[PDB]
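So, a structure with bimatoprost in it.
Heads up, chain A uses the PDB entry numbers, so what you see runs 5-323. Atoms within a ligand are numbered from 1 in the order they appear, just like the ligands themselves. Determined via X-ray crystallography, 2.0 Å. Heavy-atom basis, side chains included; hydrogens, waters and symmetry copies ignored.
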Amino acid sequence: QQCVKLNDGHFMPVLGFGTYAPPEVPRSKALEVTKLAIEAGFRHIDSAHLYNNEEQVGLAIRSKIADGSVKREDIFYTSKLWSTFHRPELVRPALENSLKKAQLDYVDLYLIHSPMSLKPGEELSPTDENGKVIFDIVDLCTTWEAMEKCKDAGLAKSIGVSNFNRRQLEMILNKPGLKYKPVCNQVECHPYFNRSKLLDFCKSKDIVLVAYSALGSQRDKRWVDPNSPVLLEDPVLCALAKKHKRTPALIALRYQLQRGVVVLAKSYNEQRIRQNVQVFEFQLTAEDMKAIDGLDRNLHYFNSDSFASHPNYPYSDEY
Ligand SMILES: NC(=O)c1ccc[n+]([C@@H]2O[C@H](COP(=O)([O-])OP(=O)(O)OC[C@H]3O[C@@H](n4cnc5c(N)ncnc54)[C@H](OP(=O)(O)O)[C@@H]3O)[C@@H](O)[C@H]2O)c1
Ligand SMILES: CCNC(=O)CCC/C=C\C[C@@H]1[C@@H](/C=C/[C@@H](O)CCc2ccccc2)[C@H](O)C[C@@H]1O
């Protein structure tokens, strides 16, 4: 397992474990799978306030340190600030609670989960009588400045963003008095949505692209595009799998690794968890890479169309 140096000087394992699982999955599973992930070789763990699993994931991390398997410095742990906590005065308090939940002194990375602000309050998804999500209006530069203060204090080793498009990134990059550039931009990235233009832009600013839904997505009927094709069923990925004697998932992950993208992989299956670390055991040829590049269809699995009205909807621009 290799790492990538952040514009922070910090190192980020290029292979990360995705801890999100739908609410139907017992909260107890997050604890077991994260430990299995660690034992399998994962050193980068991705969590968030939205996942409602920080206590478990954090406990899983501390259990692996306690049993002497790893050192805190060996694990790269990240959490995120939910959209209902974008308001400046709510940022540090959010990070501290996340730290308390995980029982950690610092988070390796803290991200602004999404540029789309939501009504502050208790609800993760505040909605009106019509089931419509209530938006909020916040200057993300102030959210970022609060983010910087958390790094100043040592609560976060690095800080970055997620789901930002070029315009939104430039906004932070061009902010006067900027103290810290985001070390990354975690976005949806897979062969059907390879984000080539955004990727090249991020590299030009020394911002690493971290891919999520890299194995497709979990395809939750509540949140996925019903008409979207199944990535792991792709005939090209499957042909490549056969050629390399690997799996479509391994092919999709390796693709990201070779174009300089940090890849996340969520699995709550012990055998698939262990299979996923095999992404380091082989490599795709330039022609393999070329064929995969051609699969891009600007497809995002998240069925967000109903939020395109949000002024900060990231998918309104080319990239
Ligand atoms: N910031 C954001 O907006 C955002 C959005 C979405 C996700 N994320 C993060 O990124 C992670 C990954 O994204 P995602 O949740 O869409 O998941 P994903 O990694 O695209 O999910 C892959 C799905 O494929 C299956 N899988 C895993 N390894 C496999 C293998 N070797 N062969 C065949 N199937 C395999 C898994 O099912 P099994 O569990 O059955 O193995 C899993 O549900 C999340 O856990 C989360 O931490 C961030
Ligand atoms: C467009 C790019 N994606 C983004 O920014 C991130 C969108 C939020 C993260 C994940 C998408 C959904 C989650 C849905 C959450 C909704 O309740 C709130 C969505 C929302 C609407 C308006 C403003 C902020 C958030 C669900 O838990 C599982 C599924 O994965």
query = Every copy considered, what are the ligand or chain positions of bimatoprost?
reply = ligand 2
query = What does UniProt call the chain with the greatest number of heavy-atom pairs under 4.5 Å to bimatoprost (ligand 2)?
reply = Aldo-keto reductase family 1 member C3
Bimatoprost (ligand 2) binding site, heavy-atom cut-off 4.0 Å = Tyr24, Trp86, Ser87, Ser118, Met120, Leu122, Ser129, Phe139, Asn167, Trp227, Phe306, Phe311, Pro318, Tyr319
message = Give the atom numbers and elements of bimatoprost (ligand 2) that come within less than 4.0 Å of a heavy atom of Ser129.
response = 17 (O)
task = Identify, by atom number and element, the atoms of bimatoprost (ligand 2) in contact range of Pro318, meaning under 4.0 Å from any of its heavy atoms.
result = 1 (C), 2 (C)
request  = Return the residue, atom name and 0.1 Å-rounded distance of the protein heavy atom closest to atom 27 (O) of bimatoprost (ligand 2).
outcome  = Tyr24 OH, 3.9 Å
inquiry  = What protein heavy atom lies closest to atom 6 (C) of bimatoprost (ligand 2)? Include the residue and the distance to one decimal.
reply    = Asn167 ND2, 3.3 Å
Close N or O approach (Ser118, bimatoprost (ligand 2); < 3.5 Å) = yes
NADP(+)-binding residues (UniProt) of chain A within 4.0 Å of bimatoprost (ligand 2), heavy-atom distance = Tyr24, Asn167
request  = Report the source organism for chain A from the entry.
outcome  = Homo sapiens
ask   = When you measure from atom 25 (C) of bimatoprost (ligand 2) to every protein heavy atom, which one gives the shortest distance, and what is it?
value = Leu122 CD2, 3.9 Å
inquiry  = Help me out: which active-site residue from UniProt for chain A lies closest to bimatoprost (ligand 2), and what's the least heavy-atom distance to 1 Å?
reply    = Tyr55, 6 Å
ask   = Which residue and non-hydrogen atom of the protein lie closest to atom 28 (C) of bimatoprost (ligand 2), and at what distance in Å?
value = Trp227 CD1, 3.7 Å
ask   = Hey, is atom 10 (C) of bimatoprost (ligand 2) touched by any protein heavy atom at less than 4.0 Å?
value = no
inquiry  = Any idea which other ligands or ions come under 4.0 Å from bimatoprost (ligand 2)?
reply    = ligand 1 (NADP nicotinamide-adenine-dinucleotide phosphate)
task = Please report which non-hydrogen protein atom sits nearest to atom 8 (C) of bimatoprost (ligand 2), along with the residue it belongs to and the distance in Å to one decimal place.
result = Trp86 CH2, 3.9 Å
key: atom 23 (C) of bimatoprost (ligand 2): the protein heavy-atom neighbour that sits closest, reported with distance to 0.1 Å   = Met120 CB, 3.3 Å
query = Can you find a protein heavy atom closer to atom 3 (N) of bimatoprost (ligand 2) than 4.0 Å?
reply = yes
key: Minimum-distance protein heavy atom relative to atom 7 (C) of bimatoprost (ligand 2)   = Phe306 CE2, 3.7 Å
Are any protein N/O atoms closer than 3.5 Å to the N/O atoms of bimatoprost (ligand 2)? If there are, list each pair with names and the distance to one decimal place.
| unit_1 | atom_1 | unit_2 | atom_2 | d |
| --- | --- | --- | --- | --- |
| bimatoprost (ligand 2) | 5 (O) | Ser118 | OG | 2.7 |
| bimatoprost (ligand 2) | 17 (O) | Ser129 | OG | 3.1 |

